[PDB]
Amino acid sequence: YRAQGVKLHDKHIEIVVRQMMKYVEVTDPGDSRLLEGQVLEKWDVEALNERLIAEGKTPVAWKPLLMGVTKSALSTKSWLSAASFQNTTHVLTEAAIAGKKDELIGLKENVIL
Amino acid sequence: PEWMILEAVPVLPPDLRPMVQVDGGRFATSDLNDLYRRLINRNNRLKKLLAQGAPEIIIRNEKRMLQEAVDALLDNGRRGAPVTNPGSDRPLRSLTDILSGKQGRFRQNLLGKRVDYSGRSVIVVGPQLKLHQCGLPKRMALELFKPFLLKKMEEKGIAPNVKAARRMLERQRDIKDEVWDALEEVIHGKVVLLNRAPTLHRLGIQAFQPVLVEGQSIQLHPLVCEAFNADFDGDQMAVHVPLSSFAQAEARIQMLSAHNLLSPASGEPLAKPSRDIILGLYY
Amino acid sequence: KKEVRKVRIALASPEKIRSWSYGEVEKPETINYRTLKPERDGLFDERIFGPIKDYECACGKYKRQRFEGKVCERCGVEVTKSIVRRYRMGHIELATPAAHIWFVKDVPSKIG
Amino acid sequence: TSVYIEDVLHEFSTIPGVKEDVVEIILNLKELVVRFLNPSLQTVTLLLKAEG
Amino acid sequence: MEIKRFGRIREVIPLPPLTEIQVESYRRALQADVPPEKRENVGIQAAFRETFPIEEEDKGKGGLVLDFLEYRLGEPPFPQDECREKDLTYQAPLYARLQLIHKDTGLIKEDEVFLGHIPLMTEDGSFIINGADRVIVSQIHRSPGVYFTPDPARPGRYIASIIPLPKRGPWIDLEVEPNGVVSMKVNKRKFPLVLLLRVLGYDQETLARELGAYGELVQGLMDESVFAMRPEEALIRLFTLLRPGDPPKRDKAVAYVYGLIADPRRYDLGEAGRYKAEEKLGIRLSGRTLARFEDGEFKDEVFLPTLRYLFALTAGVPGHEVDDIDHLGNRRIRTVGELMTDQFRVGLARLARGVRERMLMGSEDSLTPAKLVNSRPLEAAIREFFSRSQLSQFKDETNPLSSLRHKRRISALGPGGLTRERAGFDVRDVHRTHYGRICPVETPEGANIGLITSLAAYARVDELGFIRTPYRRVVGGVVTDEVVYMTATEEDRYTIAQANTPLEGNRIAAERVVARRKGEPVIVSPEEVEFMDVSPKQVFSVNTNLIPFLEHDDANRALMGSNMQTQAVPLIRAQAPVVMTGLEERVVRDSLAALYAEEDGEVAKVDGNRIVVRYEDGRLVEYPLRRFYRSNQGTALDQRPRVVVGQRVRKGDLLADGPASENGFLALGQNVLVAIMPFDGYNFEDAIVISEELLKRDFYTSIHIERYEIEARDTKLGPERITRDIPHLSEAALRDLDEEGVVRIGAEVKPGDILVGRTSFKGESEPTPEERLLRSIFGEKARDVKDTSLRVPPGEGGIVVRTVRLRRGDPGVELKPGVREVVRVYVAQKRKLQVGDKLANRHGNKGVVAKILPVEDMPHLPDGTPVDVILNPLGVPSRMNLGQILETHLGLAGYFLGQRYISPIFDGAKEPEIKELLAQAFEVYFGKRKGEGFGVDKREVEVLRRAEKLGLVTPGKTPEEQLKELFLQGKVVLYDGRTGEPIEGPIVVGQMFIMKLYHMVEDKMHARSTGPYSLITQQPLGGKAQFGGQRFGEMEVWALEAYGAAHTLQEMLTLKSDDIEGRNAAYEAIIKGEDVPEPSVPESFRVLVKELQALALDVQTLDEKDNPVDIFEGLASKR
Amino acid sequence: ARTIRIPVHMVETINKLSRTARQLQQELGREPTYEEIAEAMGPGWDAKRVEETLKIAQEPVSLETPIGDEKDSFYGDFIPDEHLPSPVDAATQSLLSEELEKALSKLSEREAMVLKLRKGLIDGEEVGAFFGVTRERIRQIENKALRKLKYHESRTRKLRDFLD
Amino acid sequence: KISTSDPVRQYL
Ligand SMILES: CO[C@H]1/C=C/O[C@@]2(C)Oc3c(C)c(O)c4c(O)c(c(/C=N/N5CCN(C6CCCC6)CC5)c(O)c4c3C2=O)NC(=O)/C(C)=C\C=C\[C@H](C)[C@H](O)[C@@H](C)[C@@H](O)[C@@H](C)[C@H](OC(C)=O)[C@@H]1C
Ligand SMILES: [Mg+2]
Ligand SMILES: [Mg+2]
Ligand SMILES: [Mg+2]
Ligand SMILES: [Mg+2]
Ligand SMILES: [Mg+2]
Ligand SMILES: [Mg+2]
Ligand SMILES: [Mg+2]
Ligand SMILES: [Mg+2]
Ligand SMILES: [Mg+2]
Ligand SMILES: [Mg+2]
Ligand SMILES: [Mg+2]
Ligand SMILES: [Mg+2]
Ligand SMILES: [Mg+2]
Ligand SMILES: [Mg+2]
Ligand SMILES: [Mg+2]
Ligand SMILES: [Mg+2]
Ligand SMILES: [Mg+2]
Ligand SMILES: [Mg+2]
Ligand SMILES: [Mg+2]
Ligand SMILES: [Mg+2]
Ligand SMILES: [Mg+2]
Ligand SMILES: [Mg+2]
Ligand SMILES: [Mg+2]
Ligand SMILES: [Mg+2]
Ligand SMILES: [Mg+2]
Ligand SMILES: [Mg+2]
Ligand SMILES: [Mg+2]
Ligand SMILES: [Mg+2]
Ligand SMILES: [Mg+2]
Ligand SMILES: [Mg+2]
Ligand SMILES: [Mg+2]
Ligand SMILES: [Mg+2]
Ligand SMILES: [Mg+2]
Ligand SMILES: [Mg+2]
Ligand SMILES: [Mg+2]
Ligand SMILES: [Mg+2]
Ligand SMILES: [Mg+2]
Ligand SMILES: [Mg+2]
Ligand SMILES: [Mg+2]
Ligand SMILES: [Mg+2]
Ligand SMILES: [Mg+2]
Ligand SMILES: [Mg+2]
Ligand SMILES: [Mg+2]
Ligand SMILES: [Mg+2]
Ligand SMILES: [Mg+2]
Ligand SMILES: [Mg+2]
Ligand SMILES: [Mg+2]
Ligand SMILES: [Mg+2]
Ligand SMILES: [Mg+2]
Ligand SMILES: [Mg+2]
Ligand SMILES: [Mg+2]
Ligand SMILES: [Mg+2]
Ligand SMILES: [Mg+2]
Ligand SMILES: [Mg+2]
Ligand SMILES: [Mg+2]
Ligand SMILES: [Mg+2]
Ligand SMILES: [Mg+2]
Ligand SMILES: [Mg+2]
Ligand SMILES: [Mg+2]
Ligand SMILES: [Mg+2]
Ligand SMILES: [Mg+2]
Ligand SMILES: [Mg+2]
Ligand SMILES: [Mg+2]
Ligand SMILES: [Mg+2]
Ligand SMILES: [Mg+2]
Ligand SMILES: [Mg+2]
Ligand SMILES: [Mg+2]
Ligand SMILES: [Mg+2]
Ligand SMILES: [Mg+2]
Ligand SMILES: [Mg+2]
Ligand SMILES: [Mg+2]
Ligand SMILES: [Mg+2]
Ligand SMILES: [Mg+2]
Ligand SMILES: [Mg+2]
Ligand SMILES: [Mg+2]
Ligand SMILES: [Mg+2]
Ligand SMILES: [Mg+2]
Ligand SMILES: [Mg+2]
Ligand SMILES: [Mg+2]
Ligand SMILES: [Mg+2]
Ligand SMILES: [Mg+2]
Ligand SMILES: [Mg+2]
Ligand SMILES: [Mg+2]
Ligand SMILES: [Mg+2]
Ligand SMILES: [Mg+2]
Ligand SMILES: [Mg+2]
Ligand SMILES: [Mg+2]
Ligand SMILES: [Mg+2]
Ligand SMILES: [Mg+2]
Ligand SMILES: [Mg+2]
Ligand SMILES: [Mg+2]
Ligand SMILES: [Mg+2]
Ligand SMILES: [Mg+2]
Ligand SMILES: [Mg+2]
Ligand SMILES: [Mg+2]
Ligand SMILES: [Mg+2]
Ligand SMILES: [Mg+2]
Ligand SMILES: [Mg+2]
Ligand SMILES: [Mg+2]
Ligand SMILES: [Mg+2]
Ligand SMILES: [Mg+2]
Ligand SMILES: [Mg+2]
Ligand SMILES: [Mg+2]
Ligand SMILES: [Mg+2]
Ligand SMILES: [Mg+2]
Ligand SMILES: [Mg+2]
Ligand SMILES: [Mg+2]
Ligand SMILES: [Zn+2]
């Protein structure tokens, strides 16, 4: 952009990029088996209460993962959001089998409603 | 997991799979219905085939068709594609095709819907107009704020009641110049939104106070011609109306033009003396 | 009355297939021309999916709002306009089951 | 301010034997400059009929 | 007025008959004007011969021989105008002579069978399919031949391609992948490029040595010797290679197919294919395509040359064998004739298909007429092409020019088989060869760009669709007046130069003078200049050629100017530019605007409806004049007589002017004096300020006509009567409803007045219980009918000028089923200029009127004459069309000098010549000023002061002298008008031509409060009278999302469009001055949940604590 | 075979109709006006009959069909809706019911409710309309209350502007 | 795979 005249504050790109890293990988399990890619803060949730409130330090060892903005969204918490762009068909199938409770946060999912 | 197997097929509502009268007497029905019949007939013929007596080959043969059918309504094309008889080799829209589709449900659920209190006309520069307001064709305002006007007609002598106030305006030649005075009064402090062709950023929609004006064109302020990428060679802008006292509150508080002067991209102003102003101020 | 705070997709129990349903569509009878009315029990029947007129009933024993929540003695029609006719669900009872292609042919066969 | 051709009903008509069209003529009339001498004459109707 | 034209490049040849493409194509297409004796046998006659000899021999009994004699079509069912008054498709009747043979003694000849009513062409070049005049647009694609293109992913070597169109008909490719395989593919799978040569008779030894001695690749050819040692057996072996599990024995059957008849095209034996051959590769042809069936032993003079050139292309320079696809000598243009002839033969096949079945059905010999022919196919086929072909379009008559161009457009998209939607950028770019063959400015500024474009000035489709362009010959340093229409390909073999080259006649004048070999700019010597450009005009299209100083205008905006003309609306007052290019005359003439005199004579009568002229030959003919006709796009087309009574006419002189002609010259918009400065904000980005004065004179005014229509339908509830009876409320509205039912001609109709009345029945099947009581209370006996009456749709109407009613006993008209009767209402309206309108010069400056100023205070010149329009300067630097600023300067001269000029494309006027006329104008301007009695103002001097401090005038000279300088610069002093003070600094002004653009239906500013709703989707929908809601797209959603506009978005998703129960309570609330309610659930949501439910899934909304909640208010619980 | 059921007779009927149209296409060169078809068919065949039969013969259309430039046009968005009270109507029913309800009260709850309930509550019987009191008192109060009601409503013009 | 052939084969 700079090279093209546009002057946009870094902030914005940051917000985006961050979301390309909302997920990581697993190598030392506790609740769900190792090879799984899940939301970074959602693990900071597990590790936090698993070492602080409930004892037995079962360290949840992860590995920072980088995935493309397309994929970052392609797979997320809310299936509602996922039903939209990826495979309306798969997105649901899985969300169903698992009995997914879409907590509405985020504007795309809560708009459909 | 014992539910993935199907033995009870939910059927979609009826008015959602219409049967309608057209022209001459043509009819029109949701493709879903030809698929339902498929299943029903097969399911029935199955029953009667079991009851009549049952030669294995034929029972399976049917069971097979049956299966295929159960696919059809759910999702067509995953395994072969069902067709209405010779006329259109077209995949009868499967329920699936409804949800996803080239232009399906969640999909068009986000492409758009049509607002009830909307309008659109050609735009034209409004040099005297202040950022605050915008020129809106009274003729347009009328349809737009129709109900708001109706009642206001009743609060004044112009009409006895709504239905009256309605017929009073159903024809153009019947409007007393008192009605304009009513509308101009209804619009006192209300404001509307204006949109531009590609809505690219939040300023792609801005709120202003309407100042009713003659004719067809919509008077837009020059300073905001930069937020919306609008030039005057036929660019047309839509216009919407904030109905709730809340929608209006936000609309004029945090969505009106003269309040969002600096861009979200850069702390640089977007309300800058564009072309003609500089040229003047510079010389 | 309470704000909708969470949506959830879950699998359909056959008993729930029937819980949502009304009647069983048992015949391929759309609508018969002479009277553009629903043919027999078929896809459009009024018992299965609902009445096709405002506050009024099919035959007309009860016709206004005073008794808005009751059903007709000789024929079944509880009312508020035909929207009920577009929201209601009917079901077909399959002879020998079959399975959802949505679960059998997704790349990972959820049943395989 | 106004014109009445006897057989013509709308402005977009054409009169036989008349090269010009109603609209061209009503146009030519706008070109016409008259002068009355006193207030008593607010609206004067001028008449003309010619044949062949 | 006088005319002065500046540039001198001797225009050696007149421009060709602009519609020759459309006229001649349909001429050769259908050679019907001439006996079957005449030789041109392409098209119809060709397509006929192509499928006529139907040989049906054995499966039971056969020996069928149906043979074609002569094709004859002659007496039109009805005539042109009748075809437009009545819904009719002007088509000529055709029945050719046919005679079926027999294996038993007897040949029955059933002379005629009229199958297929084929449309005819108007003398202008347009058609008349159904009510509206239509046009067949030409197309482009890979001309059927054979080329060699670089291989896909492997950088290595390139592969061969044999292109045979029709679709059915193989598509070959030759590729060598040396580890052990060669690949030749027809439908898909591969095999060795030799088993075939063996079949034909080429043996390993003779082949390898003569063809590839110079080509070591010969080794891959003699490789699998085991099979190469058995000839005719190779024929069966390849049969075997194909795959079904077929009988080894089939003597010479499949070999035939890739042999003589079908699959390889049955085009012309000598050019439609053999051209692409002898020049590109190989030499001869022994029958159209690789063909023979005489001895069972086939001959292939094509199969070996293709490989011959592959071994050649791969090994050096026999020549440089690389084919640039986009070369026009590769890309062919389909003239109308071909487009119709193809659909005509497709039908012939459909016909011939059904007839074969009837060679078996008819009992004995009397089977000639009905037993073999059924007109159902040909009709449907051809008919489908003129009415549903994505090619045959509505005529573009917003004014003659617009239509004419729409008759000479070349499009990409179409048949679906040729270039479709996918591919683009390589095609879309202006290819090198596009010179004189396609404009580089003409294509549509929009998504579909570069794929649709009209040809150039002297561009002509020769024998087969190859736009040739005229280039004159120059032998040595000598230039000729002789011209060669050269194919795209041949153009590259020569060194060609531009017309701008100083010429003394036949003598080139400068040593180092420009030329361009092959798409490359090259400074060549007078001794190398083989050929020269024919004209500057031939480089572009007609539409473009109309621009004054194209030379000084950015090609980008020049496009705008060219498409703007296409949107020119006919004003009751036409005007030719003060400065013209030179083709205005030829445009009106070649288009069919004005009516010209056939031969010399005198004029008899000059009606307003007819000019009966008397030729000196002793004859006189009456020439009707389309008084006021309805153009497809609603622009007036009237022919206004310009000749007085008893006048000796020269052959080919304008008797009457076309819709938009002043004096036999193209005229649109109207030259208006214009100042070019900024005003308040009235002209800010692209806004235009206009002087009220322009409306005082009926200057920008134009007549429109919308043809409202209503039908009396037959409902099972009772016929919809059309009667003056309008059931519920007033006679006031019935006035203009003079005739019982219809509206009276000449009546001023405003929006909401009844155009026509009609009465249908109230309910679907049953009456109304509640409406039963009301009627009874004030008047039980109440006409139980419904007002369904054609009304004036919001927007506008004028005065009714014509009406048409077709009742029960139809004359010769086509009334659709259910359709009891129809009622047309032609309305006309004067469209005087107003603020909403958009006007734009030929250069591209486009823009809208933002304010109409009182002559009182707009910019006025020293002598009291004021400016009509004030254009903003700013719109000129960014965009790059100085040509407009050049026009305004010549214009100023033409104003005072009272004269119009003609500035050719690039040869036209020059900066010094204009300064010269400006000099002459200063004397008319200021000379009279000297004599009339006065000198210079305080103001005039003041602005001079600020002007010398600027640098526009030589300090020290006298004001009189200074003003001349300043005037020669094109600008003069102007006073405000509002203040009377001057506008510090000279400002230019002058006669700029400006047109007014047609107002589309969208223009009719929509605005909808409440209205209909789709049946399945519950979102707002319009149509006839309710405007239909605007779309709230995602991009717009986000816009609000960004803002804290929560409710405002909710509303947009609920109350405004889908909340069924929402919108209703919404209105009512508003009505009762109630602060609108809080949204119920959207039907989009519910529609979803159930759609979702329709599939196994269960979607249940939940509570605070995971518990139910209810969206479907009370309708889902059971019973 | 069809969505809209058609008994065996109509079927053969349609085959006969078709077959006949075939023999008629044989020579005219004119797709038979429904005159020929009647004739050629037999005993009681007329134009109304044939236009009717071929109208039933047309199978339906896909309510969802690719329309115009089939890019993404599904036929069913263009059909309006009839039972649904477009805003205009909901407003109607409000004032109408509120004012009709105001008049119904200030009146004798006798012959007004009789005709109000007989006409606006069940089905459309002067005699069978009133309880015990015969016809004379029905017409008596019906026409005297109905007119006092209309003529005072003429004064305070509320109803005049025909809600319909 | 494709349904006709299989049954044809099936009873044939
Ligand atoms: C064969 O009939 C149809 C086939 C469709 O199928 C499909 C898939 O195949 C197509 C072709 C094979 C084409 O060759 C084609 C065009 O050549 C074309 C446009 C479209 N041009 N529009 C685009 C919108 N703008 C507008 C300006 C303000 C913004 C919006 C105006 C120009 C277009 O989409 C085309 C198209 C298709 O879509 N046009 C131009 O070249 C042009 C730049 C200007 C011409 C304007 C005339 C006014 C116009 O000709 C008019 C007389 C009608 O003829 C048409 C509308 C016609 O409709 C009927 C009915 O007859 C269709 C072409
Ligand atoms: Mg720069
Ligand atoms: Mg992170
Ligand atoms: Mg712990
Ligand atoms: Mg532990
Ligand atoms: Mg994401
Ligand atoms: Mg995913
Ligand atoms: Mg999937
Ligand atoms: Mg319809
Ligand atoms: Mg079927
Ligand atoms: Mg049994
Ligand atoms: Mg079908
Ligand atoms: Mg699909
Ligand atoms: Mg002010
Ligand atoms: Mg203003
Ligand atoms: Mg007005
Ligand atoms: Mg209105
Ligand atoms: Mg009135
Ligand atoms: Mg007044
Ligand atoms: Mg504009
Ligand atoms: Mg335009
Ligand atoms: Mg727009
Ligand atoms: Mg910022
Ligand atoms: Mg709730
Ligand atoms: Mg169960
Ligand atoms: Mg059911
Ligand atoms: Mg009972
Ligand atoms: Mg009961
Ligand atoms: Mg009973
Ligand atoms: Mg996969
Ligand atoms: Mg008279
Ligand atoms: Mg006097
Ligand atoms: Mg006097
Ligand atoms: Mg006096
Ligand atoms: Mg006075
Ligand atoms: Mg007097
Ligand atoms: Mg007088
Ligand atoms: Mg007289
Ligand atoms: Mg010439
Ligand atoms: Mg010449
Ligand atoms: Mg003859
Ligand atoms: Mg003979
Ligand atoms: Mg002619
Ligand atoms: Mg017509
Ligand atoms: Mg590849
Ligand atoms: Mg092929
Ligand atoms: Mg040799
Ligand atoms: Mg090899
Ligand atoms: Mg040669
Ligand atoms: Mg050959
Ligand atoms: Mg040979
Ligand atoms: Mg065939
Ligand atoms: Mg015979
Ligand atoms: Mg692709
Ligand atoms: Mg270009
Ligand atoms: Mg585009
Ligand atoms: Mg695109
Ligand atoms: Mg040709
Ligand atoms: Mg050249
Ligand atoms: Mg040389
Ligand atoms: Mg021009
Ligand atoms: Mg000349
Ligand atoms: Mg004569
Ligand atoms: Mg003659
Ligand atoms: Mg005439
Ligand atoms: Mg004479
Ligand atoms: Mg003369
Ligand atoms: Mg005048
Ligand atoms: Mg004029
Ligand atoms: Mg009367
Ligand atoms: Mg009604
Ligand atoms: Mg009825
Ligand atoms: Mg009905
Ligand atoms: Mg009567
Ligand atoms: Mg009415
Ligand atoms: Mg309209
Ligand atoms: Mg009018
Ligand atoms: Mg008759
Ligand atoms: Mg007819
Ligand atoms: Mg008729
Ligand atoms: Mg007409
Ligand atoms: Mg207007
Ligand atoms: Mg003058
Ligand atoms: Mg002069
Ligand atoms: Mg001079
Ligand atoms: Mg001098
Ligand atoms: Mg348009
Ligand atoms: Mg409405
Ligand atoms: Mg509307
Ligand atoms: Mg909600
Ligand atoms: Mg659930
Ligand atoms: Mg019978
Ligand atoms: Mg039959
Ligand atoms: Mg007859
Ligand atoms: Mg049938
Ligand atoms: Mg689609
Ligand atoms: Mg009372
Ligand atoms: Mg009382
Ligand atoms: Mg009482
Ligand atoms: Mg009382
Ligand atoms: Mg009662
Ligand atoms: Mg009632
Ligand atoms: Mg009763
Ligand atoms: Mg009774
Ligand atoms: Mg009784
Ligand atoms: Mg009595
Ligand atoms: Mg009152
Ligand atoms: Mg398989
Ligand atoms: Zn009932």
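Protein chains get the first letters and strands the later ones, always in sequence-line order, with residue 1 at the start of each. Only part shown; contacts counted inside that part. For ligands, and for the atoms within them, numbers begin at 1 and follow the listed sequence.
- The drug candidate or drug found at ligand 1 is named rifapentine.
- In the deposited model, most contacts to rifapentine (ligand 1) involve the chain that the PDB entry calls DNA-directed RNA polymerase beta chain.
- Other chains with any heavy atom closer than 4.0 Å to rifapentine (ligand 1): E, F.
- The contact residues of rifapentine (ligand 1), taking heavy atoms under 4.0 Å, are given as E:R134, E:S389, E:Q390, E:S392, E:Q393, E:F394, E:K395, E:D396, E:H406, E:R409, E:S411, E:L413, E:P444, E:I452, F:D69.
- The protein heavy atom nearest to atom 5 (C) of rifapentine (ligand 1) is E:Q390 CG, 3.9 Å.
- The organism that the PDB names for chain E is Thermus thermophilus.
- In this PDB deposit, the label for chain F reads RNA polymerase sigma factor rpoD.
- Here is the list of rifapentine (ligand 1) atoms found below 4.0 Å of a heavy atom in E:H406: 50 (O), 54 (O).
- Here the heavy atom of the protein found nearest to atom 18 (C) of rifapentine (ligand 1) is E:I452 CD1, 4.4 Å.
- An N or O contact shorter than 3.5 Å links E:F394 to rifapentine (ligand 1) by distance.
- Atoms of rifapentine (ligand 1) found under 4.0 Å from any heavy atom of E:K395 (numbered from 1 in listed order, with element): 52 (C).
- Protein heavy atom nearest atom 47 (C) of rifapentine (ligand 1), with residue, atom name and distance: E:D396 OD2, 3.4 Å.
- Near E:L413, meaning under 4.0 Å from any of its heavy atoms, are these atoms of rifapentine (ligand 1): 12 (C).
- Regarding atom 60 (C) of rifapentine (ligand 1), its nearest protein heavy-atom neighbour is E:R134 NH2, 4.5 Å.
- Ranking the protein heavy atoms by distance from atom 14 (O) of rifapentine (ligand 1) puts E:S411 OG, 3.1 Å first.
- In this structure, atom 23 (C) of rifapentine (ligand 1) has its sub-4.0 angstrom surroundings free of protein heavy atoms.
- Near E:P444, meaning under 4.0 Å from any of its heavy atoms, are these atoms of rifapentine (ligand 1): 43 (C).
- From the protein, the heavy atom lying nearest to atom 62 (C) of rifapentine (ligand 1) is E:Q393 OE1, 4.3 Å.
- In terms of protein heavy atoms, atom 40 (C) of rifapentine (ligand 1) is closest to E:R409 NH1, 3.3 Å.
- Shortest contact from atom 37 (C) of rifapentine (ligand 1) to any protein heavy atom: F:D69 OD2, 4.0 Å.
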